[PDB]
Participant: 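Here is a structure with forodesine.
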Amino acid sequence: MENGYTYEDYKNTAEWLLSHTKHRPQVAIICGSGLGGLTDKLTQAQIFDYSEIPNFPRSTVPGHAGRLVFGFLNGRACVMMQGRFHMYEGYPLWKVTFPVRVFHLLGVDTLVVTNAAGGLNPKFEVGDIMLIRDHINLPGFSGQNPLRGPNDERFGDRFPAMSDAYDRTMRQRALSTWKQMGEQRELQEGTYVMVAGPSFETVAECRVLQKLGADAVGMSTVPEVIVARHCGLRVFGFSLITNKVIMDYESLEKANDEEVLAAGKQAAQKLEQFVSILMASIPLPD
Amino acid sequence: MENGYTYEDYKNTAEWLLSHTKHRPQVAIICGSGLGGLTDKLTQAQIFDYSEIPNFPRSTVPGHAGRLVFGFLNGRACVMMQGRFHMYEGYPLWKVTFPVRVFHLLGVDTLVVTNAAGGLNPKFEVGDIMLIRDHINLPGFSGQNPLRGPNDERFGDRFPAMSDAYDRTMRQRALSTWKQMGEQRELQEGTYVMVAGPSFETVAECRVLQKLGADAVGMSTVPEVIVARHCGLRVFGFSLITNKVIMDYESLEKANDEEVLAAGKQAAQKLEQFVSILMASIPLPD
Amino acid sequence: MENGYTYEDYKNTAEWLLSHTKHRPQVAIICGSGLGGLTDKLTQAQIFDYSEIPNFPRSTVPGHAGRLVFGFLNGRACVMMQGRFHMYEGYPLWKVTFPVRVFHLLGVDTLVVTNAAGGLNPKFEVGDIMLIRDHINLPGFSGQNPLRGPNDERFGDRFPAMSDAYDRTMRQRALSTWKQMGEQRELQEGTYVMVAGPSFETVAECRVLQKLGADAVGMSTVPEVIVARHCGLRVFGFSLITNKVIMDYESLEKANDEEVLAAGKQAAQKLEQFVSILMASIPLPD
Ligand SMILES: O=c1[nH]cnc2c([C@@H]3N[C@H](CO)[C@@H](O)[C@H]3O)c[nH]c12
Ligand SMILES: O=c1[nH]cnc2c([C@@H]3N[C@H](CO)[C@@H](O)[C@H]3O)c[nH]c12
Ligand SMILES: O=c1[nH]cnc2c([C@@H]3N[C@H](CO)[C@@H](O)[C@H]3O)c[nH]c12
């Protein structure tokens, strides 16, 4: 196997961009669920469709979406992906994570990723948001790691570490940032596990994941994080718990995608603003 | 990655069939181990080789077999696969599970799958049959899920649920159906875990699988079930425990395929008739 | 999927070799870490680069290395791979394990493999060497098993067993061989788990692996062992624990590849000689 992209394809995509917009972003954001809004919270908004951008993964089947939106979020220069790629759609991971490498070349130095995810910790509840303190990359154990293949020294090392992937500073700020707006639910913290999907977990599987010590489960994110870290970026992210994963044979409920888009609307602005004020914590460039 | 088959390839395979046999099956059965017999228990039997059928995965290396057999089993219209495809043979999962999609288009609305499997629960013994109440789809965690790729809305949703994959009704009937023939061994019930093979588990691996809460382990089935569910079918199945998986370093025994084909002959008719009377439980069409 | 090599490609590579060197090895050794030295400990040393050898996986990117070195180690006819292939580099497993099949055709009947690996057992310490008593083949669970595809009856069975992969005799000799040179650290024994890499584990992942009962973790070896066993070879191996895998969020240390090459030099000769005297235990040919 081999990454389809050549070092220089990344550079070409970046420069293109570096010259079709005045913006120079510092924070990349990958939503999410609605986030929805954040496109409005932005200001100075300049949109591109993925389809216009050299090399950008070709999202394949319409529906899709596919806008890079650059602008300013709470006094930070931002670029946000509305719609992402997933392994379950058929993309090899070096396509799923291509944007991340573009972002680093645009000058970006922090990455914020968010997602919807099923709650595995029985303590959680629908609507909680969970801060990501660590992950379990199950696909990665078997081979599906977006770094598989020859390493490009210009991006990072052959064997990078992930033990510190979720910036401790940013996690503190966020827990602080959240109490100083006081809320009826606390900010949650824990381990995200990625599985590949696209079908949802059985009860026994859900039990496996709890045993492994996962608190939440979803189908993305982890690869983008690994590539972000390989690159140098500072990374921080979290999960809107959109559903309690099932957990015993009694219950007559199942997990669906109605509930995920629905819930994504309950917290539509809860997060819209969370992320937005979070911006003020993220350091600045020298 | 991409499914090699186009929506219309399925339709073409079905129609072909829908016109080379008078039968219209309602129950698909995928054996199994011998089952062997069931070809005889059938009546009105019309055979096809896979090799004659448009698009049917090309089983590759002779030995193989490869007969679709249509007919009547205990007053149900049935179609049965004698010999199946496996991931360990090299087939992508969208080939392994192609027949299942054909069956749905033939009008079939229930699927019965069976297999041989190693016992992980120490309580089980060689010869038991285990009813499948749930699965752990380890390949699926990493990417090897037969639904990976663009979803075809005409078959099912993008994110289907598997928490209820093994029809509770059918499981009751079967446990009942079995006591009303009274036996010296009970019907067993539990979790099937799929691993990809083709080599057999080490002791440490066997220990991993017990810890995860699996009761039996084999190399198939799960994908066909996921595709069956994605499609609407009612699904029910089980495992002939052909061997006790090893479990500690003391023992001087290993797992082989002699014992699997051998044992498959001990229960040759035990199941031959089990499945056969089971037919009478499965509802009917309106 | 399909193995790229044809039965006869193996034969062609072997014969070539069987006629460009006088040596006829009995023991294949796959290092390792430095082992470094063993090239010197050899005598009668005849080197080939992989690049000169028909069919030998093309190591792709220079740096690489790539010497088969034949000769005599402590009165055994040996062939040793300096540098190996890994799944994380992009090679399909049927390339990673190609040499092993060549070795069997050269007449070789034992295989010794060694590697660097992170310690998961808290009892271990940097510098220990761990004897491999068993493995957990996580990639194998999902599909990445070097035997996937049509089986070639001339090498081995379709469904071979791995429960006895690590020769009990050889393990005894080694534990004995080691006490009769008395040391301040004991020889360690346990389970090696393979993960695919190339990035290092998170804390949560490390915790998963302990729970599964792994004592050490690395990114290779297991596939070569499975192919060795499929073939008939006697197999024995171990791990230089080059680093203690991290294990809790407190610690401010990470895993790197400095430490792995460094430590590989601490034990440079500790193992250089261990393997070397080990030679005297391995039986002989009739
Ligand atoms: O319970 C779950 N299991 C796995 N994934 C998801 C998700 C995320 N939501 C999306 C579809 O429900 C999908 O893209 C997935 O990443 C929400 N809940 C769950
Ligand atoms: O102990 C086991 N582990 C994994 N698979 C099997 C099987 C099933 N039997 C077949 C070969 O033994 C194979 O197709 C597999 O699906 C029986 N026992 C075991
Ligand atoms: O803690 C670890 N996790 C996974 N692999 C390794 C290794 C082995 N060392 C090499 C790179 O560090 C790599 O080829 C891997 O197989 C040493 N330590 C660890």
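Note on naming: letters A, B, ... go to the chains in the order of the sequence lines (proteins, then strands), and numbering restarts at 1 for each one. Computed from heavy atoms alone, side chains included, the values below leave out hydrogens, waters and symmetry copies. Atoms within each ligand, like the ligands themselves, are counted from 1 in listed order.
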Participant: Which chain makes more heavy-atom contacts with forodesine (ligand 2) than any other chain, name per UniProt?
Facilitator: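 The chain with the most contacts is Purine nucleoside phosphorylase.
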Participant: Name every other chain with any non-hydrogen atom less than 4.0 Å from forodesine (ligand 2).
Facilitator: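 Other chains, by heavy atom: B, C.
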Participant: Which residues in other chains are near forodesine (ligand 2), meaning a non-hydrogen atom under 4.0 Å away?
Facilitator: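 Within 4.0 Å (heavy atoms), the residues are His86(B), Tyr88(B), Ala116(B), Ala117(B), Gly118(B), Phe200(B), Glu201(B), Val217(B), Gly218(B), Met219(B), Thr242(B), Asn243(B), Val245(B), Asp257(B), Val260(B), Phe159(C).
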Participant: For atom 14 (O) of forodesine (ligand 2), find the nearest protein heavy atom and state the residue, atom name and distance (0.1 Å precision).
Facilitator: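 In this structure, atom 14 (O) of forodesine (ligand 2) has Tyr88(B) OH, 3.4 Å as its nearest protein heavy atom.
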Participant: Check each atom of forodesine (ligand 2) against the heavy atoms of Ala117(B) and keep those under 4.0 Å away; list them by number with element.
Facilitator: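 The atoms of forodesine (ligand 2) under 4.0 Å from a heavy atom of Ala117(B) are 17 (C), 18 (N).
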Participant: Which UniProt phosphate-binding positions in chain B have any non-hydrogen atom closer than 4.0 Å to forodesine (ligand 2)?
Facilitator: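 Going by heavy atoms, UniProt's phosphate binders that qualify: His86(B), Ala116(B).
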Participant: Report yes if some N/O of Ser220(B) lies less than 3.5 Å from some N/O of forodesine (ligand 2); otherwise report no.
Facilitator: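 No; the residue has no nitrogen or oxygen that sits under 3.5 Å from a nitrogen or oxygen of the ligand.
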Participant: Would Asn256(B) count as a polar contact of forodesine (ligand 2), with the cut-off being nitrogen or oxygen pairs under 3.5 Å?
Facilitator: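 It does not: no N or O of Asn256(B) is found under 3.5 Å from an N or O of forodesine (ligand 2).
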Participant: Check the entry and give the organism for chain B.
Facilitator: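 Per the PDB, the source organism is Homo sapiens.
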Participant: What protein heavy atom sits nearest atom 9 (N) of forodesine (ligand 2), and how far away is it?
Facilitator: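 In this structure, atom 9 (N) of forodesine (ligand 2) has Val260(B) CG1, 3.8 Å as its nearest protein heavy atom.
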Participant: Would you mind running through forodesine (ligand 2) and noting each atom that sits below 4.0 Å from a heavy atom of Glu201(B)?
Facilitator: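 With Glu201(B) as reference, the close atoms of forodesine (ligand 2) come out as 1 (O), 2 (C), 3 (N), 4 (C).
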Participant: Taking both backbone and side-chain atoms of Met219(B), is any N or O found less than 3.5 Å from an N or O belonging to forodesine (ligand 2)?
Facilitator: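 By distance alone, the answer is yes.
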Participant: Starting from atom 18 (N) of forodesine (ligand 2), find the nearest protein heavy-atom neighbour and note its residue, name and distance.
Facilitator: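 I find the closest protein heavy atom is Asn243(B) OD1, 3.0 Å.
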Participant: Starting from atom 11 (C) of forodesine (ligand 2), what is the nearest protein heavy atom, named by residue and atom, and what distance separates them?
Facilitator: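 Ranking protein heavy atoms by distance from atom 11 (C) of forodesine (ligand 2), first comes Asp257(B) OD1, 3.1 Å.
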Participant: Identify, for atom 8 (C) of forodesine (ligand 2), the protein heavy atom at the shortest distance, and state residue, atom and that distance.
Facilitator: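 Looking at atom 8 (C) of forodesine (ligand 2), the protein heavy atom closest to it is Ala116(B) O, 3.5 Å.
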